[PDB]
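What follows is a single structure, written as structure tokens, with notes after it.
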Amino acid sequence: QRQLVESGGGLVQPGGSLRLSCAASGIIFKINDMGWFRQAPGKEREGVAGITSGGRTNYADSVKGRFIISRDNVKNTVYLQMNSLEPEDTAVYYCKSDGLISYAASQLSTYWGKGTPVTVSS
Amino acid sequence: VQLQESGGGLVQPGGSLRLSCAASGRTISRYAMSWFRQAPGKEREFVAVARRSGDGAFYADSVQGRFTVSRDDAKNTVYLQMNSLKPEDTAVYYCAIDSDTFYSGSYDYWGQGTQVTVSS
Amino acid sequence: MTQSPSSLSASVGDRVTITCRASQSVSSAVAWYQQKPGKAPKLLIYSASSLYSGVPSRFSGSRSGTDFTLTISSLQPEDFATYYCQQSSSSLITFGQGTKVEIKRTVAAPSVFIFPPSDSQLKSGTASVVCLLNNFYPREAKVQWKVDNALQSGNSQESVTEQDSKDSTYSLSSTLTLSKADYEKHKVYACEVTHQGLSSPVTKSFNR
Amino acid sequence: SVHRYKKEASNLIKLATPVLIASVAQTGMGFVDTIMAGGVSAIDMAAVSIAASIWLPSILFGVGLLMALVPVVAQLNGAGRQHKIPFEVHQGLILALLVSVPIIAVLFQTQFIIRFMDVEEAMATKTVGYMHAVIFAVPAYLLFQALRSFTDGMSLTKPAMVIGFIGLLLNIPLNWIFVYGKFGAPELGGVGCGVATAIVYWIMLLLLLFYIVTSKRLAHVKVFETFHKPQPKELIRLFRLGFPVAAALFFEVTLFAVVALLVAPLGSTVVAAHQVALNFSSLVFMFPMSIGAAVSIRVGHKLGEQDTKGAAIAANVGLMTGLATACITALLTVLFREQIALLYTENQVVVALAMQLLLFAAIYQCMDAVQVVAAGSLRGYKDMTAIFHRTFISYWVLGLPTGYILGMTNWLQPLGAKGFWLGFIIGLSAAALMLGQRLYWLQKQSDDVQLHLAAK
Amino acid sequence: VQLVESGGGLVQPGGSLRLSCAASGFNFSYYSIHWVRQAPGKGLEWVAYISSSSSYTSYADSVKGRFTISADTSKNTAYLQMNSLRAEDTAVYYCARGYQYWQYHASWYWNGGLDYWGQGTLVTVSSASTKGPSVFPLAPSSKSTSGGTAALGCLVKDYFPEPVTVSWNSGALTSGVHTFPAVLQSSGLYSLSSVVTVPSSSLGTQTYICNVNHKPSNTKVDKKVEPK
Ligand SMILES: COc1cccc2c1C(=O)c1c(O)c3c(c(O)c1C2=O)C[C@@](O)(C(=O)CO)C[C@@H]3O[C@H]1C[C@H](N)[C@H](O)[C@H](C)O1
């Protein structure tokens, strides 16, 4: 809503490439780890990719070799590059960020995003 | 507002024919058009109907398949292609125009008719 | 919105197409729903091109120009229901007028029967006269009432039955209600029916 | 007038600055573990944060228990005995060895504790790994604490500073080697911080043993030459002198844990500001706890010389220095209350709530120096048990109820966490009144029972 | 995943009613609940939607100010309270599930839709007490296409509210029997008809019995329909 703002989406022909971005404010973002979750109608919310504070990529099972997550720390953004998109990828993508609220807290806090629609078809 | 039939006459069994209707004074774009037949010394029965564009055409049980109807709003003319003609079809064919928008059935104007006779 | 083909007389194994015209320059993709005659509606198409998981591959969506079309490549005897298109306007969801498919069949002329009010109804004080039409297929028909050649209006009410599963035909009936005084004042009651399968309107009349 | 007050103040600024440096090194040792595991994941940062939250209260028990050993060796060295110090030091080492066992068992029960706080399985396994790594560090830490108690008692606070600092600067490379799997060491990951803390604690213990052996300054005591055999009579004696000053250090931490529990229903943007303010107040408390330890050493030494008036003067100059530094650090909190709240977090709502709570934290810091310095002052007088009575009945009986009454209830418009902080003020005050009136009675009692109790 | 509705029944005009929709099998905080009303013989219409909280909530213009929708997340329920009803609100209400931020995501290339629905509860507003039917004959005459086929009927009038069921010869006749849907008269009562195209050879010289059942009055009305 306010912490995380997603950007990107639109009508992508099959086999096309898209680059979603997620801008974070109010988050330290140097110690918070990020992820992307799709949710198509009829199905349930599921993970697509996730990156930790050290840049470790944890792509899903049927996402390998097609999606690449990147992250910037000078400007707080998390990029998700989608390649060879197929009509099964149409969904609303949510940017999720979990990590400590401050340097004095113990339990991590989680913030979701509004989500950006992505429709793939002719 | 006049209807004139054309095409028909005498034809051999198993032949092919095409009837046409000419309409003057009105536009058939907004209305539907149907064809009926009447045998000599008999009654007038339904043959076929063609509705507005995108609504399809409906045919009677007796003459299903062998008959087809098409419209032409540019020429204000309805055409009827008849194949596998039989002597029983010998009758005067009359065109009619359903002017009701909801197709409730008007047939407010008919044509003079055209005699189609089949005999070897 | 504007589902123009509100009735489709489609056969079995044929390709069909219906269109929803968004009657406003509002950006919202149309979602297509299907409702069977009596139960809850099901979702067929979302985003005007996608395919909901579970529906057959026959259903397809498209957006030609500013309208949204739905197509069915082959029409199995299962896809005989009504279809709606949903759009969004700022914060209000709008459905369509509705589109119902119909089994194509040869046109049949209805048979008309007339039933005068029975003597048992006279004691109550109100008399109902009914005329029914049976075994016709278009769904359209006109029924009119004439008492002593006077055309009544606002006093009759008509009902029509759903299509049958043996010959896919129809039937309807119209009832006219009159008090005893008005019934006794008049002489002749007639019900006339006009139809596309009829060369001329047919009237059934009776004198009390 | 000054007279001896300036002389005692200068001798107290020294012998207490090294203690401050040692304490900042000790806190930085855990800070580095947290801020260096955050470069691997957030799971590994939360794990080494929860494990630290469970590790501090457990080890504080033994750390407090050895603060009875501190003024014992202070008193002997002051009088001129300096020949029964080795026996007491050896017995204290054995006492640390013994007290390590219950703490090790309690930390071994970590997996059960992290079920009653809704910790996911990954964080739980990482926390358990960290705890099972630092269990090996526990005995070395307690032995180093006893050894530094010996050196501190002889008014030598310099070595523990250096060995402290060398520890911190050696945690940076050793963490890196184990967390990232360099130089042939395994890629432990976030768990590697614990296995580096264990190594650094053993290294610090070895270095402090080396300094005591050679020294050339402590060579006169000859601590590690006789190897006195254990004696249960003395071992019990030195446990009854240290248990009261460990119960208080346990109960303070438990009080703040309970307050964290009670303020949780007030929301999630209020608890964050609460813990930001509390964490800053913890370091500002590191400031006057160093003064109190030095005052305990000085009053222990002066009672050894049988100088009652000198002991009183040392206590009073400590209670004045604590108040002065408390005022200085309270004004800097009131001025830079926004920059400090922006170092911790970036949520502006949290920085506003914590900018409001860091205004009560200033009065809190002013009272939690008259409390701590006074507690340390009479601890040199061997008045351990008194502390445990007056501190407890002022903390738990006052602060927690008046915090709930002035906070989540209205039996007095309910105030938010600014009511719990007001209860904290209400408790710390009158803690600094009971502990301040016990000292006044002690400083004016018969001039003989003071020395006799000073030997108790 | 499943949705179940409740409430309905009979209400006097100007009264009030409450409908509850209970959802089981998902996280109620990730979706929004919509209410869709279908009048008898009409099309689907949208009534009101609520997200997880009261921050997001919308109503149609036709029912703005009358209805009010709320949600209880503890038991996963959505309540639609209707008050000051009118005679045109008698309908069937369906509970549907959609995306939470459907307005934010709405665009020219995206429309999530409504995935799962409910059975739907019937709520009718009426101003008449429950009454049994008044069966009446609709027999043919000597001029009802006699000699070929003939039609004979059974009329039902002035019943409320349960569907009056009909049968012929206690279920022994089903060839060519039509039962038209109920028609709501101007008086508030319902009318219905049944017809059979039985052969016209003295109607087979067999007695024809029209049996009528109305559950609230538990009346097995029996009418021997005979040629006048
Ligand atoms: C002389 O006693 C000590 C000697 C050596 C180390 C220690 C202490 C000590 O007392 C101590 C603490 O009292 C506290 C803590 C602590 O680490 C120590 C030592 O390490 C941690 C604490 O701040 C937290 O809950 C946050 O982690 C709670 C508590 O501080 C409470 C009470 C304090 N009086 C102070 O007011 C602080 C702001 O909150």
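Chain naming here is simple, since letters A, B, ... match the order of the sequence lines and numbering starts at 1 in each. Note that these values count all heavy atoms, side chains included, but never hydrogens, waters or copies made by symmetry. Both counts, for ligands and for their atoms, begin at 1 and track the order of listing.
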For this session: Name the drug or drug candidate found at ligand 1.
Result: doxorubicin
Problem set entry | Partner of doxorubicin with most atom pairs under 4.5 Å, per the PDB entry | Multidrug resistance protein NorM
For this session: State which other chains have a non-hydrogen atom nearer than 4.0 Å to doxorubicin.
Result: D
Exercise. Which residues form the binding site of doxorubicin when counting heavy atoms under 4.0 Å?
Worked result: D:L56, D:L60, D:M67, D:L249, D:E252, D:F256, D:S281, D:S282, D:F285, D:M289, D:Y364, D:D368
Exercise. Which organism is on record in the entry as the source of chain D?
Worked result: Vibrio cholerae
